[PDB]
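Presented below is an entry in which one can find tobramycin.
Every chain is numbered from 1 and lettered A, B, ... according to where its sequence line falls, protein lines coming before strand lines. Numbering of ligands and ligand atoms starts at 1, following listing order. Worth knowing before you read on, the calculation uses all heavy atoms, side chains too, and leaves out hydrogens, waters and symmetry mates.
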Amino acid sequence: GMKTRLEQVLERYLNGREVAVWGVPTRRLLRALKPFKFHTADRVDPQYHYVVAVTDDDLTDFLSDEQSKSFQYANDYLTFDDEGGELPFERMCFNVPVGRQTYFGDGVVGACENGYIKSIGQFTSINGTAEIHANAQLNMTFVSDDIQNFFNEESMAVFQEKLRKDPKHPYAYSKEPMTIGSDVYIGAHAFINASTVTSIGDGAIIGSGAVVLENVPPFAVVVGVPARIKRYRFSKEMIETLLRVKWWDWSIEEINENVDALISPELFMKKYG
Amino acid sequence: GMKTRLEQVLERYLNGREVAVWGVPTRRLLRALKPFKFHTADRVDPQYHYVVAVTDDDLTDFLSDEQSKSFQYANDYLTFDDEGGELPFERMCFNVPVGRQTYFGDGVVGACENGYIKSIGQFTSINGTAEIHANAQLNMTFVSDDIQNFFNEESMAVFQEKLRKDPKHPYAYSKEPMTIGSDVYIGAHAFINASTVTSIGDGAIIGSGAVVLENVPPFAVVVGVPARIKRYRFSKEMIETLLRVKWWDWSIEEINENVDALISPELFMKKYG
Amino acid sequence: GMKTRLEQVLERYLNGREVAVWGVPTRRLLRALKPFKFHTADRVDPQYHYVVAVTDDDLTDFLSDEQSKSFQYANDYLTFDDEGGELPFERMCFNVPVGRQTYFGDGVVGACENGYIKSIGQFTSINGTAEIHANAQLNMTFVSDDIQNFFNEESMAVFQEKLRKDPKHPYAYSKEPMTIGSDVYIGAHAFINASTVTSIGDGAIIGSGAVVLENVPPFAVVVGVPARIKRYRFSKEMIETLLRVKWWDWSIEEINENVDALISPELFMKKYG
Ligand SMILES: NC[C@H]1O[C@H](O[C@H]2[C@H](O)[C@@H](O[C@H]3O[C@H](CO)[C@@H](O)[C@H](N)[C@H]3O)[C@H](N)C[C@@H]2N)[C@H](N)C[C@@H]1O
Ligand SMILES: NC[C@H]1O[C@H](O[C@H]2[C@H](O)[C@@H](O[C@H]3O[C@H](CO)[C@@H](O)[C@H](N)[C@H]3O)[C@H](N)C[C@@H]2N)[C@H](N)C[C@@H]1O
Ligand SMILES: NC[C@H]1O[C@H](O[C@H]2[C@H](O)[C@@H](O[C@H]3O[C@H](CO)[C@@H](O)[C@H](N)[C@H]3O)[C@H](N)C[C@@H]2N)[C@H](N)C[C@@H]1O
């Protein structure tokens, strides 16, 4: 990927204001800010500046300052050290689609970096301590991966080809990057196997501490080690219609009107069933 | 909550010395220190200064410096970036009671912030990678929580009321904040469900990687996914008397005298049974 | 332990160049660099400088800079905040042997600090969120460990002796520090019990989220809570010969030649069986 979660915000919300850095500036912050005018935060004002808190640590201090009461969550301030943070619009994590009001931890950001993710839906909650890791080669005399560094150009060839041919897909090789649907909840200390999973269905619930080794159907609940299907969120009737209506792609338009539907499943289907 | 773990220490142990910052100062450190006199650490002396190490990283460097051999653990130095660290006196984590020589990771500090915790006992060890998270709404068409941000004032009402009425207590709503007793041990990669747990009994042991979904009785051992009662630490005789004596509330007074009792359970009951 | 992963590299690869710090300097970096000449990175050149990125965050920014394309992974740059990072040569983590192209997270670095580790083999991959923790005392009225701080010199004696006598080895007391063989893979959110484990066999695979309570035989696969032996990587024939040949101690010499053997187990034994 190429661009910063902050810069996507600044490109959309800065609106000719100065960036006000609230916190100790880092190397890659200073770079992400070089297209803009910035200075260390002193006295701030939503009319004059965009406050950028470097770390979540720095954000708590700003919010606890009386000057923060006029700044709206994303239109006026942001936390630099939070590439998995949620936004009110569709965004990129490296080059990975992430829908509105979707969030994930650094473990998922790295999976976005390693090309493990094809896409992440809308209104999806992935806890920070979740993880997405692929497998190493299991059909070889060795299991290590950093022995590669000792390989020369010749040995590298014969090694990379067997990885491409392996149908178990070590390092998610020769497969499709996995997809995460919308309205998905993922517990903590969880594991989705990038070497065997290609699709988390929309609405799929992944319990805490669950290790998910196969694709999860939409609106399924999975817990345990390994993950088993404990229940389904909704009767199948809802499931087919929910795939049809796709509430998660509604604009803020249809969300506030149909709040009574989105809140009572019973009310949702008496109108859309 | 309102106040800093460091400031509670400085209010009690500074004793008219200067704070000596050992490390790169952060935004919220600089604020926590504005009631006091401070300067970047150069040459230090327990008579002259209170050394404040910013991060646990910065603490290791100070202890490894020859100037640190005269500073006692809490009376003379402290690590700013350790709100879950243990103290020799009863303290607050935000507005949460935390007894003496009790510690926990940032996951528990956030639960203290989210109001999930009512209290934490004395001499309780909670590993850093432990976690306390509540559940989202399960009786709604959606499971997401940050869709809220898209709600207006009108849709917000009808949404918040159903949360208050939900007996499953999403986000620990309309329940009592959970309590953690004294002499409690909690393994790592563990989970206590703030949406269904209200009391960890005194002495309760929570094995590593265990997901705890219901209240744990005092002095019970729980492991597995989900957590089951593997054994009890003590015969019930000890349990009733341990609730009566409550050694964990002894001053340092009765601790050093009754060390032979506190060390041999057999000796503990021949004196208190 | 005594010395820095960076300093072991600088002592071997600096070769009369200047250290160029890429990132905000920390207290313990500034100390690790005091034997050398250094300055904040401006324009860099592998001939003139050794680039030191402070944090993994700072490393990503350097690699993404056009000046980084001439710097080789370890000979020319390094990440200070990565004591578990892999190296092309045998190294120390505190005073713990760590072989070539071996890596582990901070959880394992702390175990190296707590003296829990005797050694770590070659070409071994331990994920960052892995952990190695010992147990507290289970034969005492209390389970807490920081009550110790309240003990005086007298009560300390009678407490420390019972720890030394405990055959369950709380805090890995009176046992041998555990050993991790070569070609070992360890999943994330995993647990090796320093209070009951003394040897992870060479080639042993530890699945994600697995809690390992007993020694693991060489080339065994363990998953589940608690860990059970799911399968063996190789037929026993390979296992005995793999212990004999010990490919992991080959120089880069025998690695690139025998790549066809190291890649096809079938080819490995037709030559070494
Ligand atoms: N604070 C209580 C809430 O925590 C979570 O949501 C919260 C998310 O966890 C938050 O996510 C942020 O915090 C998490 C956790 O540290 C990070 O993984 C993530 N990258 C960062 O953006 C996000 N910024 C706010 C959202 N309300 C729970 N899913 C719901 C709970 O009520
Ligand atoms: N060092 C070995 C010990 O580690 C732990 O205790 C230790 C605690 O884990 C320590 O807690 C500190 O370290 C932990 C872990 O990083 C952090 O979660 C916590 N917030 C921080 O305050 C605390 N400062 C010291 C205490 N001896 C084990 N419970 C016992 C073990 O012998
Ligand atoms: N990037 C994808 C790869 O991630 C891992 O390897 C990678 C290791 O996890 C890396 O280790 C580094 O990153 C890990 C994870 O953050 C840290 O625990 C560790 N201390 C740090 O040195 C190491 N520097 C590079 C190595 N290729 C997987 N084992 C293999 C996967 O293909």
Next on the checklist: Curious which chain letters or ligand numbers map to tobramycin here.
Outcome noted: ligands 1, 2 and 3
Checklist entry - Main binding partner of tobramycin (ligand 1) in this structure, as named by the PDB entry? => result Aminocyclitol acetyltransferase ApmA
Item to check | Neighbouring chains of tobramycin (ligand 1) at under 4.0 Å, heavy atoms only | outcome: A, B
Checklist entry - Which residues define the site around tobramycin (ligand 1) at a heavy-atom cut-off of 4.0 Å? => result A:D82, A:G85, A:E86, A:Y103, A:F104, A:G105, A:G128, A:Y185, B:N114, B:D145, B:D146, B:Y171
Checklist entry - For chain A, which organism does the PDB list? => result Staphylococcus aureus
